[PDB]
A.B. asks: 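Below: one structure in C-alpha cells.
Along the sequence shown, residues are numbered consecutively beginning with 1. Read the numbers this way: they start at 1 and go in the same order the structure lists the ligands and their atoms. Reckoned from all heavy atoms, side chains included, excluding hydrogens, waters and symmetry mates.
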Amino acid sequence: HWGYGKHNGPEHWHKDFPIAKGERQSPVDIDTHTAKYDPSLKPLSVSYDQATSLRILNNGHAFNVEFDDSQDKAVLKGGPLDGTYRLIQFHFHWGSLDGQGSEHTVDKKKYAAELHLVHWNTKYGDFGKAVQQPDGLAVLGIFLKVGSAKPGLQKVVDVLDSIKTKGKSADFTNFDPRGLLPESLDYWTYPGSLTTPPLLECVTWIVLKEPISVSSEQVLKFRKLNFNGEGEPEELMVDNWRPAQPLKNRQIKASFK
Ligand SMILES: CCOc1ccc2nc(S(N)(=O)=O)sc2c1
Ligand SMILES: [Zn+2]
C-alpha cells in the first residue's frame with residue numbers, strides 16, 4: 001500500500017493513482033514574485049465559534065482531529081469561495097528535521113510543518129460527494145515555524161501518547177481550532193488537489209501568508225508517533241509530506257500586495 005517510504009513513497013503513487021501526474025496537483029511552490037494580486041478577492045470569513053470536535057485518530061499516515069459536520073457549526077466562506085464550506089477535520093504534515101516538513105513551499109523555502117483545515121462545500125450534501133467535484137473542497141493551509149510555543153496547540157500534543165500507533169483513536173471534545181490561527185488572514189489561493197491518495201482534483205487551496213510558531217518540544221512530540229500498528233515493527237511517523245508538483249497551467253493569486 002502507499003506511504004512515505006523508499007518503496008511506496010510519492011514517486012510511486014502514480015502506479016495506483018494515475019491522477020498523480022494530473023494537471024492540477026498539489027502541493028506547489030508559491031513564487032511570491034509571480035503570484036498576482038487580485039483586488040477582487042474578498043477577505044476570508046472563518047466562523048469557528050460553534051465548532052464541535054469529536055475525536056483524534058492516528059490513521060497510519062497522519063493524525064486527524066475530527067469535527068461534527070452534520071450542521072453549519074464551523075464554516076469557511078468568503079475569500080475565493082462561493083457558498084459555505086463545513087470543517088470536517090484537520091491534520092498536519094511534518095518532517096524529521098526542522099528544515100523540512102511543509103508540503104507547500106514559499107520561494108522554495110520549506111517550513112517545519114503544515115496544518116491543513118479541511119472543509120467541504122455544503123451544496124454537495126456530504127464529503128464523499130464533494131470530493132468528486134472541482135469546487136468540492138477548500139483546504140486552509142497554515143505554515144509552522146519553530147520558535148515560541150503555541151499555547152492553543154498543547155492540548156493536541158498532550159493526547160498524542162494515547163494514539164501512538166495506526167488505528168488508535170481517543171475522545172477529543174471541546175477543542176477550539178481558533179487557537180491555531182495566525183493574526184493575519186492574508187492568503188494565496190490556487191486550484192489544486194488532495195495531497196494524499198486518491199489525489200482528487202477537487203480542492204480550492206487557501207494558504208495563509210503568516211506562519212504560526214510552535215516550540216521544538218511541541219514538534220518533537222509529533223515525531224514520536226508511529227506509521228505502524230501496535231505489535232508491528234516501529235516506524236516513526238516523520239516526513240509525511242508530498243514534494244511540490246508542477247504548476248502547469250495555473251496562476252496563484254494573492255489577496256494582498
Ligand atoms: C477522500 C478520503 O479523505 C481524504 C483523502 C485525502 C486527503 N488529502 C487531504 S489534504 N492533505 O488536506 O490535501 S484531506 C484528504 C481527505
Ligand atoms: Zn494534508
A.B. asks: Do you know which of agomelatine, ethoxzolamide, ipidacrine, cimetidine got modeled at ligand 1?
C.D. replies: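 The right pick is ethoxzolamide.
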A.B. asks: Could you tell me which macromolecule makes the most contacts with ethoxzolamide (ligand 1) here? Its name in UniProt would be great.
C.D. replies: Carbonic anhydrase 2
A.B. asks: Heavy-atom distances under 4.0 Å decide this one: backbone, side chain, both or neither, for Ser26 against ethoxzolamide (ligand 1)?
C.D. replies: neither
A.B. asks: For the 3.5 Å polar cut-off, considering only N or O atoms, please tell me whether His91 and ethoxzolamide (ligand 1) meet it.
C.D. replies: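 Yes, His91 has an N/O under 3.5 Å of an N/O on ethoxzolamide (ligand 1).
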A.B. asks: Any idea which protein heavy atom is nearest atom 4 (C) of ethoxzolamide (ligand 1), and the distance to it?
C.D. replies: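 Protein heavy atom at minimum distance: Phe127 CZ, 4.4 Å.
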A.B. asks: Within the structure, is a non-hydrogen atom of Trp205 found at a distance of less than 4.0 Å from ethoxzolamide (ligand 1)?
C.D. replies: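 Yes.
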A.B. asks: Return the closest protein heavy atom for atom 9 (C) of ethoxzolamide (ligand 1) as residue, atom name and distance.
C.D. replies: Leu194 CD2, 3.8 Å
A.B. asks: Counting heavy atoms only, which part of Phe90 comes closer than 4.0 Å to ethoxzolamide (ligand 1): side chain, backbone, both or neither?
C.D. replies: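 Looking at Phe90 and ethoxzolamide (ligand 1), no heavy atom falls under 4.0 Å.
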A.B. asks: Should one rank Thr196, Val203, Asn64, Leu117 by closest heavy-atom distance to atom 6 (C) of ethoxzolamide (ligand 1), which comes out on top?
C.D. replies: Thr196
A.B. asks: I'm curious, in chain A, which UniProt domain holds most of what contacts ethoxzolamide (ligand 1)?
C.D. replies: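 UniProt domain: Alpha-carbonic anhydrase.
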A.B. asks: Considering distance alone, does some N or O of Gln89 sit under 3.5 Å from an N or O of ethoxzolamide (ligand 1)?
C.D. replies: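 No, no N or O pair falls under 3.5 Å.
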A.B. asks: What does the entry say about the source organism of chain A?
C.D. replies: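 The organism in the entry is Homo sapiens.
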A.B. asks: Got the closest protein heavy atom to atom 13 (O) of ethoxzolamide (ligand 1), with its distance?
C.D. replies: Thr195 N, 3.0 Å
A.B. asks: Out of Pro197, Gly192, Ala62, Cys202, who gets a non-hydrogen atom closest to atom 5 (C) of ethoxzolamide (ligand 1)?
C.D. replies: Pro197
A.B. asks: Please tabulate protein-ligand N/O pairs under 3.5 Å for ethoxzolamide (ligand 1), atom names and distances to 0.1 Å.
C.D. replies:
unit_1: ethoxzolamide (ligand 1); atom_1: 8 (N); unit_2: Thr196; atom_2: OG1; d: 3.4
unit_1: ethoxzolamide (ligand 1); atom_1: 11 (N); unit_2: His91; atom_2: NE2; d: 3.3
unit_1: ethoxzolamide (ligand 1); atom_1: 11 (N); unit_2: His93; atom_2: NE2; d: 3.3
unit_1: ethoxzolamide (ligand 1); atom_1: 11 (N); unit_2: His116; atom_2: ND1; d: 3.4
unit_1: ethoxzolamide (ligand 1); atom_1: 11 (N); unit_2: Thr195; atom_2: OG1; d: 2.8
unit_1: ethoxzolamide (ligand 1); atom_1: 13 (O); unit_2: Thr195; atom_2: N; d: 3.0

